[PDB]
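Quick look: ergotamine on 5-hydroxytryptamine receptor 1B.
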Amino acid sequence: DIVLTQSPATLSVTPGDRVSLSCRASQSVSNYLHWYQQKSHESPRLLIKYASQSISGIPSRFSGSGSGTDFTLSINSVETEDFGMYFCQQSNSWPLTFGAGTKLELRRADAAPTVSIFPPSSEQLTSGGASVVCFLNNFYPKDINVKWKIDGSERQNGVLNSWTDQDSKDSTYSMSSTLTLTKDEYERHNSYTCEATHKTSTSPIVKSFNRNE
Amino acid sequence: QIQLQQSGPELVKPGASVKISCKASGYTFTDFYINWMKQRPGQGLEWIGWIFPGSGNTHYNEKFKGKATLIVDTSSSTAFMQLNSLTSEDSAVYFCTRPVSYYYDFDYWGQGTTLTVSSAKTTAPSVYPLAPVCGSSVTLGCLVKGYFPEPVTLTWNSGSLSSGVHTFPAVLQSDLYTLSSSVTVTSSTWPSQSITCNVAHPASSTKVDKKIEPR
Amino acid sequence: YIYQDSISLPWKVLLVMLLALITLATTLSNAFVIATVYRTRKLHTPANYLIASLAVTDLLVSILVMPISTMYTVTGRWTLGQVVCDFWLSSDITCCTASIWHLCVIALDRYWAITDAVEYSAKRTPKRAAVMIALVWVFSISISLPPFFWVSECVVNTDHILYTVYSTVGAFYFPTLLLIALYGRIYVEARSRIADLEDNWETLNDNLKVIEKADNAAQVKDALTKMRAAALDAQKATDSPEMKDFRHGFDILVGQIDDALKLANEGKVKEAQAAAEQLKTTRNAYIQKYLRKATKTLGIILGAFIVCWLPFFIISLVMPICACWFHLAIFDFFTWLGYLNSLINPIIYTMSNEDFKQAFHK
Ligand SMILES: CN1C[C@H](C(=O)N[C@]2(C)O[C@@]3(O)[C@@H]4CCCN4C(=O)[C@H](Cc4ccccc4)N3C2=O)C=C2c3cccc4[nH]cc(c34)C[C@H]21
């Protein structure tokens, strides 16, 4: 099988910037190489077919070059709508094979996250369950560290983190963190702490509440 | 309007088999090769194989030889792939696609079909509203806890409010899914006008409206 | 007087070695070759029964002839007496006639296989191949009977001359006029076939280009019906499991030509041209598996058979005619060069045949 090595794995660009995505075939695939965008799970959008042919409707800022083993997709000036996964596939010989992706992420001014805390609903508590939910919203850059504390000291178990892909428009990221306890362990304690750790600030961003209210 | 309309998502027990659909429209279905592709969350795509509808001839990737069988029902202009003896390594996304030709301006993909291979029993979600702890903006939210399989569809005020909404990916924890969604609106709009998260889990035929109201 | 008498005991202990170490390497090379076949059921073939049957004779020579060739070759005399050396000669003469003629029966299989692939695969059996080993072990004995009818000096009847020349014609010149006539035939078929197959891929590639740049159905048709003719030929070039996988790859290649053709016949040229685009993908993949060793390696058996046995059999005919500047060291040296054949045969079949090389390395 023909191995398409894409480089690099992940790439950060400022809008304006010129970008060359590389795709290297383990053996020659002649001109039988195509490029795809994939924002998420959604089905891939074919950008460039047969290496240099550009697709009707794809913007002019996208273009392809190459033959044999070295291929380059090229965005002469990257726009904000241009984040996602760039994928080269070959159709030289069976079996059809893809690359593992270059993940293209855009820069924008930094932004510390807007942090919101939420105790358990009356509803969740009337099924003997307790979930503390913390949203950290619209921050850049994407790397961020959440940590939970119940009455002073750190809690690992019961924590569930999720993250959005980079946003279309403002190019920012968002996270949810949820600490789940037993209604007992919930009201056996008082202070609930959602400590967050971002480039925007050396000491952490701390949100809190107490059950007594 | 050329289009490939794949079948819906499928919970399936390991050991079992599945049939996936690709109904094709707006071009003579029998005149063109079709390919079937697999993609798992963090990864490249792999090709399973092609069929030629007009004849039903097929080639497959050695990798997928005993697994996939591609067939075709010309009369309803649709294509099927039957995966068999399923395992955890089979939960993924399945795309059928007309391939890319030198001779045609575009290619064409299905929307994907999402296979889930588990023994876990389908379970309808509890839906808890998240209100503020008692500030120019205010951020409300909506916890959706203890369901399976994916997906849930979440909207705010039967779809009206989409701007300033963050809906987060689902996350497994011992065969149950947590999903969550935040919605940020001016201090003037809430509590003036009612905010309500709407949550559909079609596997349990479950629709649930919860109007966020203050603690 | 015997020439060996004036070779001191320093060289005599170095000349017990080489002939002890040549003798041993014949036994444990030809036994590694029989036990390789004895110990594999894919190798239980009608043409791998012969290699063992060969190694079987070359194993007899290594224990019957070679260790008791040396007590005579080293000293220059014969201690063991009358009743012994009558059946010492008989073994040497026949067992080395068997060794030679087995190289014919091997080359009869290759010849009839590569020349009548279809029809002789039915006659090709264990039983038909047991007849061959047998009738070459019987005919081998029928050579050493003639001298049997007629002290310290073991040699064979060189009084009757008609025997001398019959012995060297029935066990050598026939078997090398035969070897040269079979290898002739084989090399010419084996070389035509790659040409025939090169013409097949040349057609399948030339015609693809025709379709790529074709303005109408008519010429796409003639071009697809030519690739098909050509694919369906390649498919017959080179039982059930291994080959199945090779032919299946053609049954795709053909089905793609079939599906194209249909669209070409339906009038759908652009559709056919797309349908044909898949074909390059398929060609491109069975380009590795196109890009002849069974026939190369019998050129080393012919070579290492010529070089081994020609001298002894030449020098065996001008001796009773013509010491014409002749030393019994050169008649002894080319006798070990023909025994050396019983060594070289197994060691060519490990570098040559790919089933003895999967064996040895373990
Ligand atoms: C390898 N094997 C060797 C064996 C042999 O020569 N053994 C003796 C004992 O060794 C001698 O070479 C000695 C050593 C130096 C001078 N010597 C002689 O004076 C006579 C030569 C001679 C040859 C033929 C007829 C008369 C005299 N030798 C012998 O007979 C006979 C063979 C043979 C004879 C006839 C047909 C054959 N087909 C295959 C074979 C063969 C295999 C082949």
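Chains are named by letter, beginning with A, in the same order as the sequence lines. Following the PDB entry, chain A residues are numbered 1-213, in order. The numbering of chain B matches the PDB entry: 1-134, 139-219, in order. By the numbers in the PDB entry, the shown part of chain C spans 38-187, 196-283, 293-345, 350-380, 383-422. Indexing begins at 1, ligand by ligand and atom by atom, following the structure's order. All values below were derived from every heavy atom in this structure, side-chain atoms included, with hydrogens, water molecules and symmetry-related copies excluded.
- The chains other than those of the drug that have a heavy atom under 4.0 Å from ergotamine (ligand 1) are C.
- By chain and number, the binding site of ergotamine (ligand 1) at a non-hydrogen cut-off of 4.0 Å is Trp125(C), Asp129(C), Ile130(C), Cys133(C), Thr134(C), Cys199(C), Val200(C), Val201(C), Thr203(C), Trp367(C), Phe370(C), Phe371(C), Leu388(C), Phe391(C), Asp392(C), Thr395(C), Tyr399(C).
- Counting UniProt's transmembrane segments of chain C from the N terminus, heavy atoms under 4.0 Å from ergotamine (ligand 1) lie in 3, 6, 7.
- Intersecting the UniProt ergotamine-binding annotation for chain C with heavy-atom proximity to ergotamine (ligand 1) (under 4.0 Å) gives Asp129(C), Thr134(C), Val201(C).
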